[PDB]
Amino acid sequence: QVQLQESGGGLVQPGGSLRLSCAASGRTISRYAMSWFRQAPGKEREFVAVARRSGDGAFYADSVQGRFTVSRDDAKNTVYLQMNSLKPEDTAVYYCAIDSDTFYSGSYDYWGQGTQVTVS
Amino acid sequence: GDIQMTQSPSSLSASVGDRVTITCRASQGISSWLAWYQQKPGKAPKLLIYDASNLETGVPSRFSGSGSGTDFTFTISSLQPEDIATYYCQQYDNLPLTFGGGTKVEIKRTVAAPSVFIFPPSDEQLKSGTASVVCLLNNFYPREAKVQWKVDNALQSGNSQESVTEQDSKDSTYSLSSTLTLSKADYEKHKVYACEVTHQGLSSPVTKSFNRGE
Amino acid sequence: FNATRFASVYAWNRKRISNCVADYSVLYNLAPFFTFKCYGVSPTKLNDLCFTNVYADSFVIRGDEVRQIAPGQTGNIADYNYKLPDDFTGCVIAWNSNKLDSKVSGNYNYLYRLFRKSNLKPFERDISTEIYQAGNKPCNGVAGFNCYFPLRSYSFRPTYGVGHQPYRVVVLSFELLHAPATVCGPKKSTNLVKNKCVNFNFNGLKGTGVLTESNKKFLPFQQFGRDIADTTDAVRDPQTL
Amino acid sequence: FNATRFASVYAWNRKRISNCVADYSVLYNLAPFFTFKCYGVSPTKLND
Amino acid sequence: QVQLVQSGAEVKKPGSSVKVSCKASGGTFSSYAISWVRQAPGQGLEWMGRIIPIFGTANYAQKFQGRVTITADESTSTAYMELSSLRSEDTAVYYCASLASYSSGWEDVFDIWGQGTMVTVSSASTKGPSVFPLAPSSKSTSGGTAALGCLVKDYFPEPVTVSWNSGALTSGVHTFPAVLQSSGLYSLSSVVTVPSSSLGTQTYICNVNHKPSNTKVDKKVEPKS
Ligand SMILES: *[C@@H]1O[C@H](CO)[C@@H](O)[C@H](O)[C@H]1NC(C)=O
């Protein structure tokens, strides 16, 4: 299987900004894009963002386009995420996922590991 | 030999108001003898840039271009909704004219979940000795998503055809459909027909199915 | 000179040049400038002169056909597409352009007339391409022996010899009338010495004499005076008027 | 031009002429000659 | 002003030869020359040849030399082009544009174009369509709306036009690009989304027309449970 891990998150204050990171090693970093996912406690999943090989800007859903920023680092096999002016919605667990399809425009969603965020 | 041009990137996606660029290259240094065309789906091409760095009559200042020798660039200061089209570079250093592979640009937006539907065949169709089943994906984004057949909970392949639409100008979404076909004997052989879908904005894979009696 | 797109011999392109400091060394110093022929002036002396107006005409012609670009000459170009005045003053600059303006059985951009009803007047242009009738039969279309089409193309092919290779030509027409001078060389202007026998050069008007504050009322449009025998008696300073 | 003895394009005919006056208004320009074309030299130069 | 007008779509079997034309109007024919450009379904442009009617010179692309021939005349102020021994790959649109780079300043850029002419190569012949509705299931309804559709099949050649309620219904109408069968016959699909309560109370009908033979077809749609 493919390994994965995240860093950051934890208790935060509403109205501020937060940073997150995810990285992988020992495997290809291009043929599958690295994406982000979210889950409120006991509720459905929500996709956050993803960065492709070309790095042409960003990509978002409706609820996160106006508040998030994402970036990827091919030279280090790591990916970062941003949140601005945190809101009450920011009490959830994120996940680091790979668009597990070979050089595809779409994606097969698979998550390896995640972390928690909680606005105090 | 004939001069061949390469257009890169082959596809583009940007939201209205964003800066976008297009590039076209020739195998050997041409003496700035290059032009650009815009062609809407099924419409006649329109001249935008005639010389390597000059604009045609009536072309908005929104469009610009530059380059010399082997490589050239074509840039738009601000994308607009009318920009859903394919742009071609035309080289005329020598009479054996070539037309670029064309760069396809579309409007970027946020993820939109598909609307999934399934169609069972009707009696008038079945009486011909053949049957078909149609699965539909409507008004979704990004470009494409998988559609799979799991008749009798067993995967099937090669027995279906797919058709897709252009970008929806009202909401920049897309629609896709798959049509399975079988003979009446093989049509009756099975007992459950199911269409499965997977898309970025969905929380989990989606399934649509119907039994023989319904 | 660097205009990537030159005009045909017929309907030639002309640019009005005025109010500039002209440096001709950038031109005749270049080796690829194959021909630099000047009439009424020498290339070496161009940088030290002043001109009231300068006209830059350009076109593309055959390599062996550049001979026709000269005052009072006769021939297809000298009569029906571009004719220079007999007393023409200026410079004619030409160079090979086969690498830029040639295609095998192509290069239809450049066209030239072969015959005309009457010879063109100096610096005359004719953009029309209406069918030329024989006069004895009314016509509205090409009919071979009558109703001729005037324009024809060189069809420059790289396989052609030098005699038919395309040559890129420019004509610098000069006017040497006295002040005001719109185009002048990069010659530096010194201080104005007065009440002393000095050598002066007012916009190319060289001479020796004593410069004194004049008391004759020149009208605003007058900038240069003459005495009997056309000798220059007074001149207005171009720097302070 | 009025002989029509050519009878083919293969092994086409050729003629050389000297010491005469060539009145091209009649030669190769009567009614039967429907079409005409020239290269390099204008029709007028033929007469003059 | 100057305009170019092309002929209507033409169809014939493989191995035959196709004639196309495009009228030249405005200005003067002596100032005109014509080119020929191709657009087959689903890719970019392609060029065939070039003609200058008043100079008599013509050229063809290496991939079209011999198979394509170009002619024009001033009496009709029109250009004619012919292609022989068509393959199935020759299915494409034909474009003629006021020729370019012919003189001082005018550049090898195609400025003025015709409206186009579709040509398709197939073993099939002209005949009408086959139509049958779809029977959407009640359980598949979502958002209080039901998707209704109709299929058009076994027709040749295109164009074919499909509308709902003869054009009276347009909200939620969706149509998919046509497909070509191995038998040489085209096909089409269309759907419309309507509220589950509006249907039944108000009639919904899909209308079809095969213009090459002008066969008008309309049919009702009804869900089932
Ligand atoms: C000449 O140019 C100098 C430098 O620009 C300027 O100071 C001076 O006023 C000018 N005089 C005239 C008469 O134009």
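The sequence lines fix the lettering, A, B, ..., with proteins before strands; numbering per chain opens at 1. The structure has been trimmed to a portion of the entry, and contacts are counted only among what remains.
At chains B and E, the PDB records name the drug as JMB2002. The entry lists chain B as JMB2002 Fab light chian. The PDB entry calls chain E JMB2002 Fab heavy chain.
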